[PDB]
Amino acid sequence: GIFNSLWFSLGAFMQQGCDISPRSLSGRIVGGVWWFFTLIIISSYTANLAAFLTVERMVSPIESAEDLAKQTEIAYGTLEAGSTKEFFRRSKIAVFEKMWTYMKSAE
Amino acid sequence: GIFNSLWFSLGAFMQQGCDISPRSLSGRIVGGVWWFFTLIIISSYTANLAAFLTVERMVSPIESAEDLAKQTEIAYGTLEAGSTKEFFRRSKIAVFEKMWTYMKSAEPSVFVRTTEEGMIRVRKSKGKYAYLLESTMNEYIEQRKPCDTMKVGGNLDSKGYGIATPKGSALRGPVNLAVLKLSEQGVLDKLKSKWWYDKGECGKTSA
Amino acid sequence: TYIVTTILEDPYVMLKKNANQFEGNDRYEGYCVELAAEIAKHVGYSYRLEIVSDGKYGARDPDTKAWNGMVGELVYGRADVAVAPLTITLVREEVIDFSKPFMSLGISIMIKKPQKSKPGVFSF
Amino acid sequence: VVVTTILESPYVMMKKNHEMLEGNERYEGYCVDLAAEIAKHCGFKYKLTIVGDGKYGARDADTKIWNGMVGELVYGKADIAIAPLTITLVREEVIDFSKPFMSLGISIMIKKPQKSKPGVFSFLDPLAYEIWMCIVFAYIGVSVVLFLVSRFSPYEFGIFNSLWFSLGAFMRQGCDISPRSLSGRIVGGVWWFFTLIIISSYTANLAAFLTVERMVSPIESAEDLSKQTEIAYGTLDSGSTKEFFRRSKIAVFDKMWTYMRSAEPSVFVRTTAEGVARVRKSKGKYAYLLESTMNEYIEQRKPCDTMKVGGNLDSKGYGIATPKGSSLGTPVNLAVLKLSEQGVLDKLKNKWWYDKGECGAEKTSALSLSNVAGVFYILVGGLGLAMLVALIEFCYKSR
Ligand SMILES: NS(=O)(=O)c1cc2c(cc1Cl)N[C@H]([C@H]1C[C@H]3C=C[C@@H]1C3)NS2(=O)=O
Ligand SMILES: NS(=O)(=O)c1cc2c(cc1Cl)N[C@H]([C@H]1C[C@H]3C=C[C@@H]1C3)NS2(=O)=O
């Protein structure tokens, strides 16, 4: 009937059993193709769920000072009239020198 | 019976169906605990199979020259009486200086006499030895049977061979023009392709 | 005539399997040998295949200040030209004329490839 | 002396504050860094001049005149030259040269074809078609074997119900019938084991093959490119690439040079940026043949709307030039040897290239419907087929 048809279709999408099965050719085609569809979809869902559960936390691209300085799309600066500004003024390392050059003049 | 019992137990381990099911309590306990066991085992197998299929290839710890030098458990040296040895003698970079200091005095002599000698030395060693060599002969022999040698890392520096000639010789200009003509024509590429690739002694997502 | 210094290394200079049967320049067949043949055809100069007795490459010791190997034969007049693998560099170029390159190269690391267990039939 | 540059990037990068600078500090680049590094070891005065013609030496057949870069050195207008200048015989027959300080080669350049979404029938990729064919014929063989076993050795299992059972067991959905004999139960058991293994192998890594997108280039290489004619390729005008194709004697290069020469309009171009713009304003109908260095530099720079296909057709090396007979030829040669021995060249090349790569300097995301539409199409086709078949059977049994 229709009630049992819905029951069977649902019992095959969840991969559980089915107290009945189609007996004619024209119902068996439908059953088989529905089984193929649910196999594909359920395997996809399960795999992508596995992927989501072990999903790495958002790794921001600002992890390093060198990376934070090369990322000119994000502007950066040091507090003015402070000891940190003085340090970057006298900073001699490559990354600090480049950051100081970038921050010397920016609007 | 026993035949159907085996059939049912097998039909529940493969997660397929079962034309029958236990009807008493004492068979239902067994059925349920067997279902729990097969669930655990099959899930474990499937997950670890997924892991194996997307298994990363063996990443040798000799990827970098600095790593290959810090790994003193593996000895390394440069061919003696050669230009590479001279380069490492005059090498000024930190990694090269450290490698040169390590290779200056080591027993047995990390240096070698001939290229075949170094090849066999690395061959016999159970991975406890490393060797420095030009990027042409290395590939050529890595292509030759036995193919038990394998290059790791990339070229450390770019250089080139050359058709030498006595200083003040009269065959200097002609040879330069000759090599230029031979390089412009595909003759030289043809030679290299024929006598390096035509031999072929041995040999994340993917279907 | 021309005297040529080859280091006899695989595959730049190779001795023909019929070494005893073969004789002369035709006896030797290597990439260096074929290059020598091609360049000679380009210029037309007689030459005789030869190999350095010392079996060494350019290495000028500090104490003696003497060149050995193919470069040694070249500097002292023993060898006329050197069509062989010879890494062109500064100290060597300071004494001997280099023509323009004919092959790029680089130093590299070699290791005994660990055996990887190829999945057998029953890898599942 | 006088140092001449080509005003070509990244070898000549005009400084951003061009207004407030003059002299050797006008512009920046790898070429200027090398010029300073060599002036350190050579002790020769130089001026950062630029050639007026803005092009490299070419030898016209009729006038037999060197133009631009080579003309300056040959005709005394220049004393030295430091630039991305390519060596070659004809150019070397007129001026002394130095040793190479870079490796390169003629390379192709095109516009990045868009990322082709995994097409319909992407759910078969996880398994190679060989395995799919073996699976089909094993599903046939098992059902045939079960039919034979049951019919001729009974305790029903025809062929139709046998195929039904085998299919149901392959998809983990059991059926209403199970074999009752030993000879059918062995078949069922091996079928269950086989399907378990295959499904566990397939299921695993199935989102990737439904989500991964791989770009397919139209021009695989020079041979494939020259075989076709729908897409037009071009090259710089009055340069080493034109001279290389002109003197070519190889069949592919001969036909390629014939096609480029006999193509209207002229595929050629006055300057590199012109070719860049042409490929980036041609809907992927233009392919430009430039070196392997500029190509990579462009690839690393935004918007990164281009890519390199194939491998270098030939390696040439650059080289510092010098007028024939100039006393400066030897010291510059030894200087470049020394710098190569030092890490100056490798350091400069590694730093300048990939210094500011905007693009690229994977995540798991849900499945869109575009990725899994094929199975919906297949389902709907199956339903239509089932209704058609039932109507056919209905009419047939009516008669
Ligand atoms: N195929 S390859 O990389 O080994 C290679 C490498 C080189 C070749 C030719 C080949 Cl086939 N010739 C060039 C020379 C040709 C002319 C141009 C540079 C020199 C002079 N040098 S190279 O860059 O060292
Ligand atoms: N940056 S690179 O790998 O392309 C590269 C390539 C080359 C460099 C230096 C660098 Cl950094 N110098 C060599 C020269 C140096 C001496 C050795 C060969 C020539 C002469 N030619 S090269 O092989 O063309």
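Protein chains get the first letters and strands the later ones, always in sequence-line order, with residue 1 at the start of each. A restricted portion of the entry is shown here, and the contact count covers that portion and nothing more. Both counts, for ligands and for their atoms, begin at 1 and track the order of listing.
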### Drug name for ligand 2
cyclothiazide
### Task
Supply the name from the PDB entry of whichever chain has more contacts with cyclothiazide (ligand 2) than any other.
Isoform Flip of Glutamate receptor 2
### Query
Which chain letters belong to other chains having any non-hydrogen atom below 4.0 Å from cyclothiazide (ligand 2)?
B, C, D
### Message
Got a sec? I need the transmembrane segments of chain D, numbered from the N terminus as UniProt has them, that have a heavy atom under 4.0 Å from cyclothiazide (ligand 2).
### Response
none
### Task
Retrieve the molecule name assigned to chain C in the deposit.
Isoform Flip of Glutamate receptor 1
### Query
Looking at this entry, which organism is chain D from?
Rattus norvegicus
